[PDB]
Amino acid sequence: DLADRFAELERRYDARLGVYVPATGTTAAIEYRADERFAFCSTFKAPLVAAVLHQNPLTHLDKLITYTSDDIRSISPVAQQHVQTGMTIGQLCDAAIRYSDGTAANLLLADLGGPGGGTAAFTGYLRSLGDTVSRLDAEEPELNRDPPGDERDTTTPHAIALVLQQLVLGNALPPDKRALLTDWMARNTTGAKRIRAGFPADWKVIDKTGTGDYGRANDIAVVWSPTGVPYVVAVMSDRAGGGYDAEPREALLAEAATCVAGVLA
Ligand SMILES: CC1(C)[C@H](C(=O)O)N2C(=O)C[C@H]2S1(=O)=O
């Protein structure tokens, strides 16, 4: 029956909607176009941070990187200011999760090393988790620019909810490292109007946003009930009908999350 509202919301905002919530002991998985392929956009920058953290000791974060003003290419609120200081690996992690800083992301790919500036190694890293579906291919900004139909730079609600589960609630990082990821996602600034705006205020919310062309709007989050029961919620959207220059409708994500809340209480 919840399938009738997702499709109802799909009809209202002229969109395609993806939705996965892993299952608990006490609630069944929520599925809508779950195993269907959506574009990452800026959602990759979350698992990327666990990638550095994991193949790197806690002393790495105080390593400094310098960069030319010809590396700065995507939206980069934090990067274009520090072009003369540099940014330590750690600051680049804060940047890339809290502000979606596009350059910071590209340098953290470079820091994984190997072919196609560290995309090979970063899909690499997704496979250690179980994800044999998702795959990053380009750097910022082409991964947002891909045409709808393309299998490149894509994941699924099913695939990415499961990755997140393992990184925040799971044990795919040791507790010391697991705390940085979660704190950075907990003071994200880009999420105000998506999953956060659909759940009541006494639920706590950590999230990493993504936006693209062809109407792409994306949120992956971990949420906590007033009693402290966690869950994982993945919402993904696009609007190819509207053109390459389609507008992304944020309301659609916040509506869908209110639907999910109804079910989780
Ligand atoms: C600049 C982008 C490629 C992309 C874009 O070009 O549309 N921007 C958004 O809407 C989020 C930012 S981004 O993903 O860094």
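Count residues from 1 along the sequence. Values reported hereafter were calculated over all heavy atoms of this structure, with side chains retained and with hydrogens, waters and symmetry mates removed. Counting starts at 1 for both ligands and their atoms, following the listed order.
- The PDB lists the drug found at ligand 1 under the name sulbactam.
- Tallying contacts with sulbactam (ligand 1), the largest count belongs to the chain named in the PDB entry as Beta-lactamase.
- Under a 4.0 Å non-hydrogen cut-off, the residues that form the binding site of sulbactam (ligand 1) are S42, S74, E140, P141, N144, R145, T211, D213.
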